[PDB]
Engineer: 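Complex: deferasirox : Flavin reductase (NADPH).
Note on naming: letters A, B, ... go to the chains in the order of the sequence lines (proteins, then strands), and numbering restarts at 1 for each one. Numbering of ligands and ligand atoms starts at 1, following listing order. Side chains are part of it too, since the values below use all heavy atoms of this structure and drop only hydrogens, waters and symmetry mates. How was it done? The header gives X-ray crystallography, 1.5 Å.
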Protein chains: 2
Amino acid sequence: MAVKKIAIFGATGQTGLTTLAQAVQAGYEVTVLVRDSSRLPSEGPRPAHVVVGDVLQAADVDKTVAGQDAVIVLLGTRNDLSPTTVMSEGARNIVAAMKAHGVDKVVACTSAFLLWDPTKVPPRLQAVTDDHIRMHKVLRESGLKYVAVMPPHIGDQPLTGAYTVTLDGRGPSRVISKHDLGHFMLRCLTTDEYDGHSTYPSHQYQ
Amino acid sequence: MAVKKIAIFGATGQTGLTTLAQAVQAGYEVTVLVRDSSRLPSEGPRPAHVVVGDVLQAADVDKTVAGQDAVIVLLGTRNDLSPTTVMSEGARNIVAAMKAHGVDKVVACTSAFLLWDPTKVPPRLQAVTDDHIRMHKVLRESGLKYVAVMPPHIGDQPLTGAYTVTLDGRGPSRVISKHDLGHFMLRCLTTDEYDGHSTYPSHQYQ
Ligand SMILES: NC(=O)c1ccc[n+]([C@@H]2O[C@H](COP(=O)([O-])OP(=O)(O)OC[C@H]3O[C@@H](n4cnc5c(N)ncnc54)[C@H](OP(=O)(O)O)[C@@H]3O)[C@@H](O)[C@H]2O)c1
Ligand SMILES: NC(=O)c1ccc[n+]([C@@H]2O[C@H](COP(=O)([O-])OP(=O)(O)OC[C@H]3O[C@@H](n4cnc5c(N)ncnc54)[C@H](OP(=O)(O)O)[C@@H]3O)[C@@H](O)[C@H]2O)c1
Ligand SMILES: O=C(O)c1ccc(-n2nc(-c3ccccc3O)nc2-c2ccccc2O)cc1
């Protein structure tokens, strides 16, 4: 087990940007798929490789997944309020490209709403949650080594690295810093302990 | 009056109605956004301008924020404890409209539960608190001059002007009257001392 090359999908998002920065600082050779390159910061840590394209475009995903050791998925659809399939269709393209290229490890973020009663989901988040569920099923039925990361509210607190991780359930805390969440996405690259499990990271930021 | 034209969101609510009355008495030129089925009472004080629409429509929020000096946010769900995103989505529309119209000052009410240990928030209030948390992050990340008003129980005791304002922590009493809360929302328009802080107003009525 030695992951050196990773693809990150969703690297321009709030969690993606800090996951990308941390990965670069730790020494990973990171490839990102971005739809427009000007949103990547021009100062600080930069990825080794940039593919310009869409997770909905199978060829763009293929170019991104080729030659990787593992994939991190931090896709989201920003403000869709009504039925949407971007994340699950992108997950299908990711799965197909990982198969074609022999990449066997994927760490993907959905939501802790998948661990709660469906009546906890606010009405205007039901569509996105539904597609998270579709994307989770896609990844679980793929047969790939899949770590399901299902975070509660994503905050802006500083990196601590001291969060809780609860397997196949929700945990006591109900927030995770975007920085701590990115930290855990990368921690999942260094072990098979979470493979096949759903994970809930959460921490105290008093 | 350096701040003269204000938008109030939630003016028909418990705290809104007395905030509106006090603003009009103090000489503010008040614009309100009201939902079509829920106008202001016929006998009560009259705002200068009424927009009929929904905080969930960007166009209605834009009409309400255009030309203002400052915004007060007293949105809420009345007695309804169901999951919701009306406050966080409304705040996103308010931020965008403020940025487009050159309005910097936003005084917005969430709840003192944002200062609690999360494991201690009553489960019955967790869904509403989750949207207050989402709303607070939207406003904190906006870069606007944002006063985060985080009250404890809102009661029916009198207007006093004599309440305690505790910065960035819980205060010494567990109640604030709706009239004192509205008085404090208006006070925040006339100083910069609470910008970028959380504020907990509270009082002992005797
Ligand atoms: N906000 C929360 O508290 C919370 C809580 C639990 C779970 N989640 C979920 O966790 C995940 C990460 O969320 P986040 O807030 O960090 O994400 P985010 O800031 O909304 O960014 C989403 C990422 O996905 C990219 N993206 C969207 N559509 C794409 C497409 N067709 N092709 C390629 N890339 C695309 C976006 O690229 P662009 O920059 O090009 O748009 C961006 O990089 C999301 O699925 C979210 O729903 C969020
Ligand atoms: N002890 C407490 O009650 C307590 C304690 C701490 C914090 N809080 C929080 O304090 C805040 C203010 O509470 P409150 O009791 O004064 O408020 P409220 O009586 O619940 O009034 C809510 C206001 O928001 C309006 N509103 C709701 N949805 C809207 C929409 N889609 N578009 C436009 N306007 C909308 C309502 O309009 P309609 O007239 O059309 O309904 C009403 O004017 C709330 O966020 C509450 O959660 C309450
Ligand atoms: O920091 C403190 O002391 C403190 C913090 C929060 C409260 N809130 N806010 C609420 C509340 C009610 C309706 C909508 C949103 C809300 O947030 N309900 C309570 C409440 C909590 C415990 C017992 C009685 C209550 O009325 C009171 C005090």
Engineer: I'm trying to find deferasirox in this model - which chains or ligands should I check?
Structural biologist: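 Copies included, the answer is ligand 3.
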Engineer: What chains, other than any belonging to the drug, come within less than 4.0 Å of deferasirox (ligand 3), counting only non-hydrogen atoms?
Structural biologist: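 Chains with a heavy atom under 4.0 Å: B.
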Engineer: So is B:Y200 polar-close to deferasirox (ligand 3), meaning N/O to N/O under 3.5 Å?
Structural biologist: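 N/O-N/O distance below 3.5 Å exists for this pair.
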Engineer: Got an N/O contact under 3.5 Å between B:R170 and deferasirox (ligand 3)?
Structural biologist: yes
Engineer: Looking at atom 27 (C) of deferasirox (ligand 3), what's its closest protein heavy atom, distance included?
Structural biologist: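 Going atom by atom, the protein heavy atom closest to atom 27 (C) of deferasirox (ligand 3) ends up being B:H153 N, 3.4 Å.
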Engineer: Minimum distance, heavy atoms only, to atom 25 (C) of deferasirox (ligand 3): which one of B:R174, B:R124, B:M150 is it?
Structural biologist: B:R124
Engineer: With a cut-off of 4.0 Å, which atoms of deferasirox (ligand 3) are near a heavy atom of B:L125?
Structural biologist: 11 (C), 12 (C), 13 (C), 14 (C), 15 (C), 16 (C), 18 (N)
Engineer: Where is the nearest protein heavy atom to atom 28 (C) of deferasirox (ligand 3): which residue, which atom, and how far?
Structural biologist: B:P152 CB, 3.5 Å
Engineer: I'd love to know which of the UniProt NADP(+)-binding residues in chain B sit under 4.0 Å from deferasirox (ligand 3), measured heavy atom to heavy atom.
Structural biologist: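 Going by heavy atoms, UniProt's NADP(+) binders that qualify: B:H153.
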Engineer: Identify the closest protein heavy atom to atom 21 (C) of deferasirox (ligand 3): which residue and atom is it, and at what distance?
Structural biologist: B:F113 CZ, 3.6 Å
Engineer: Output the list of atoms in deferasirox (ligand 3) that are nearer than 4.0 Å to some heavy atom of B:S111, sorted by atom number.
Structural biologist: 17 (O)
Engineer: Any protein heavy atom at under 4.0 Å, with atom 7 (C) of deferasirox (ligand 3) as the reference point?
Structural biologist: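 Answer yes: something from the protein, a heavy atom, is under 4.0 Å.
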Engineer: Is atom 4 (C) of deferasirox (ligand 3) less than 4.0 angstrom from some protein heavy atom?
Structural biologist: yes
Engineer: Just which atoms of deferasirox (ligand 3) are under 4.0 Å from any heavy atom in B:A112?
Structural biologist: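 Checking each atom against B:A112, I get 1 (O), 5 (C).
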Engineer: Answer yes or no: does an N/O atom from B:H132 fall short of 3.5 Å to an N/O atom of deferasirox (ligand 3)?
Structural biologist: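 No, since none of the N or O atoms of B:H132 sits under 3.5 Å from an N or O of deferasirox (ligand 3).
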Engineer: Can you identify the UniProt active-site residue of chain B nearest to deferasirox (ligand 3) and give the heavy-atom distance to 1 Å?
Structural biologist: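 Rounded to 1 Å on heavy atoms, the nearest UniProt active-site residue is B:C109, 8 Å.
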Engineer: Define the binding site of deferasirox (ligand 3) with a non-hydrogen cut-off of 4.0 Å.
Structural biologist: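 On a heavy-atom basis, the binding site is B:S111, B:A112, B:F113, B:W116, B:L125, B:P152, B:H153, B:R170, B:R174, B:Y200.
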Engineer: Put together the list of close N/O pairs, under 3.5 Å, between deferasirox (ligand 3) and the protein, could you?
Structural biologist:
| from | atom 1 | to | atom 2 | distance (Å) |
| --- | --- | --- | --- | --- |
| deferasirox (ligand 3) | 1 (O) | B:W116 | NE1 | 2.8 |
| deferasirox (ligand 3) | 1 (O) | B:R170 | NE | 2.7 |
| deferasirox (ligand 3) | 1 (O) | B:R170 | NH2 | 3.4 |
| deferasirox (ligand 3) | 3 (O) | B:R170 | NH2 | 2.7 |
| deferasirox (ligand 3) | 3 (O) | B:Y200 | OH | 3.2 |
| deferasirox (ligand 3) | 17 (O) | B:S111 | OG | 3.0 |

